[PDB]
J.: 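Following up with a structure containing seladelpar.
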Amino acid sequence: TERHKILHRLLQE
Amino acid sequence: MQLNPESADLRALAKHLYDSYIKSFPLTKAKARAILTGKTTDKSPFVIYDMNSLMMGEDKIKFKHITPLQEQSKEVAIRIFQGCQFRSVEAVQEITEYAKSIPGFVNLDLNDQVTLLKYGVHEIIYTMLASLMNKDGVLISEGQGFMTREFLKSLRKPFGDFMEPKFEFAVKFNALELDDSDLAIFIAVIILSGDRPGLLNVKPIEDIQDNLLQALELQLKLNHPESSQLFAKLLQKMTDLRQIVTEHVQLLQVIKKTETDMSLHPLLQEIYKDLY
Ligand SMILES: CCO[C@H](COc1ccc(C(F)(F)F)cc1)CSc1ccc(OCC(=O)O)c(C)c1
């Protein structure tokens, strides 16, 4: 249940 | 204090953060200060000090975010808030990139990385905003513009209340007379606060923050001979940063609801979400 999808994407790249 | 392999590693970390900070952030405090004093070869920031200068500046300043094709609000207060959103979203990415350069950060639990960034971003934003402020105003549009404190204070409620607290904080913080080398380590300390809500694997975070904290103290002792207590005073400011962040979010709710012409970029909503 990701509440911070964008931040997560940012950190994954 | 001794010159031993420990301190030598501390200084090596200091330099790595600084080098990473220079490449991650466009307008360092070194250059901002120069611009703020005319001691610069670059053009000269356009000064927005009233409505006429705002209108004129919207033409003669090339804002990275606006285009002639799109249509923006009719209310200056809202337009100004929009550019700040664009700048904040960009700031989130610079800070994220900087975080990835902090030794150890990338090898943390990804979920915890997210949590440190969610909470550290705004504290770091206001920290670095001070670099762009004097008591008269703040550099904008990466130094091409300068918007005065009083002009921002004159925006219609509630917008005229957003920046005041930041100017207040910046005057106290800039009296510390930190330079970029100090700041690079300081914001690294902020990012790796092991007491953020929702962390799961705290141990490795505190192990990193402890190094950062040693590197910072050593940095302050070497760089500010004529001001003891700088380390303590600086840690205290991390407290004040959490308060202005709380206050900023709360006021942001007054915007929300009672306004409708603007909305918040999703990245910003992710951050402000279940904050404090
Ligand atoms: C540093 C780049 O400068 C930006 C440019 O902002 C604009 C000002 C005016 C206009 C327009 F005239 F078009 F309305 C657009 C953007 C605003 S400076 C600023 C001021 C406060 C900030 O954080 C606090 C906040 O989110 O309110 C941030 C992240 C940035």
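Chains are designated A, B, ... according to the position of each sequence line. Here chain A follows the PDB entry for its numbers: 601-613, in order, are the residues you see. Chain B is numbered as in the PDB entry; shown residues: 202-477, in order. Per the header of the entry, the method used was X-ray crystallography, 2.4 Å. Atom set for the values below is all heavy atoms of this structure, side chains included, hydrogens, waters and symmetry mates excluded. Remember, it's 1-based here, ligands and their atoms both numbered in the order they're listed.
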J.: Help me with this one: what macromolecule has the most contacts with seladelpar (ligand 1), named as in UniProt?
T.: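 By the greatest number of contacts, it's Peroxisome proliferator-activated receptor gamma.
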J.: Other chains with a heavy atom closer than 4.0 Å to seladelpar (ligand 1): which ones?
T.: B
J.: Name the residues that contact seladelpar (ligand 1) at heavy-atom distances below 4.0 Å.
T.: B:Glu259, B:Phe264, B:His266, B:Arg280, B:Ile281, B:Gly284, B:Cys285, B:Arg288, B:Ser289, B:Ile326, B:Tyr327, B:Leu330, B:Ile341, B:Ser342, B:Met364, B:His449
J.: Which residues overlap between the UniProt rosiglitazone-binding set of chain B and the residues with a heavy atom under 4.0 Å from seladelpar (ligand 1)?
T.: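 Going by UniProt and heavy atoms, it's B:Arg288, B:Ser289, B:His449.
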J.: Which residue supplies the protein heavy atom nearest to atom 16 (C) of seladelpar (ligand 1), what is that atom called, and how far is it?
T.: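 It is B:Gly284 CA, 3.1 Å.
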J.: To the nearest 0.1 Å, how far is atom 10 (C) of seladelpar (ligand 1) from its closest protein heavy atom, and which atom is that?
T.: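 The closest heavy atom on the protein side is B:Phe264 CE2, 3.7 Å.
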J.: Heavy-atom contacts with B:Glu259 under 4.0 Å: which atoms of seladelpar (ligand 1) show up? List them by number with element.
T.: 11 (C), 12 (F), 13 (F), 14 (F)
J.: For atom 19 (C) of seladelpar (ligand 1), find the nearest protein heavy atom and state the residue, atom name and distance (0.1 Å precision).
T.: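 The closest one turns out to be B:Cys285 SG, 4.0 Å.
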J.: N/O of B:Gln273 under 3.5 Å from N/O of seladelpar (ligand 1), yes or no?
T.: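 By distance alone, the answer is no.
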J.: What protein heavy atom sits nearest atom 25 (C) of seladelpar (ligand 1), and how far off is it?
T.: B:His449 CE1, 4.0 Å
J.: Find all atoms of seladelpar (ligand 1) within a distance of less than 4.0 Å from any non-hydrogen atom belonging to B:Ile281, and give their numbers and elements.
T.: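 Within the 4.0 Å cut-off of B:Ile281, seladelpar (ligand 1) contributes 14 (F).
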J.: Distance under 4.0 Å to a non-hydrogen atom of B:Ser289: what atoms of seladelpar (ligand 1) satisfy this?
T.: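 The list of qualifying atoms is 26 (O), 29 (C).
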J.: Nearest protein heavy-atom contact for atom 18 (S) of seladelpar (ligand 1): which residue, which atom, what distance?
T.: B:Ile341 CG2, 3.6 Å
J.: Among all protein non-hydrogen atoms, which one is nearest to atom 30 (C) of seladelpar (ligand 1), and what is the separation to 0.1 Å?
T.: B:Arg288 CG, 3.7 Å
J.: Which taxon does the entry assign to chain B?
T.: Homo sapiens
J.: Quick one: look up the protein heavy atom nearest atom 24 (C) of seladelpar (ligand 1) and list residue, atom name and how far away it is.
T.: B:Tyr327 CE2, 3.6 Å
J.: Residues of chain B touching seladelpar (ligand 1): which UniProt domain claims most of them?
T.: NR LBD
J.: Within seladelpar (ligand 1), which atoms have a heavy atom of B:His266 less than 4.0 Å away?
T.: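 Answer, ordered by atom number: 15 (C), 16 (C).
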J.: Suppose we measure from atom 23 (O) of seladelpar (ligand 1) to each protein heavy atom; which comes out shortest, and what is that distance?
T.: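 I find the closest protein heavy atom is B:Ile326 CG2, 3.9 Å.
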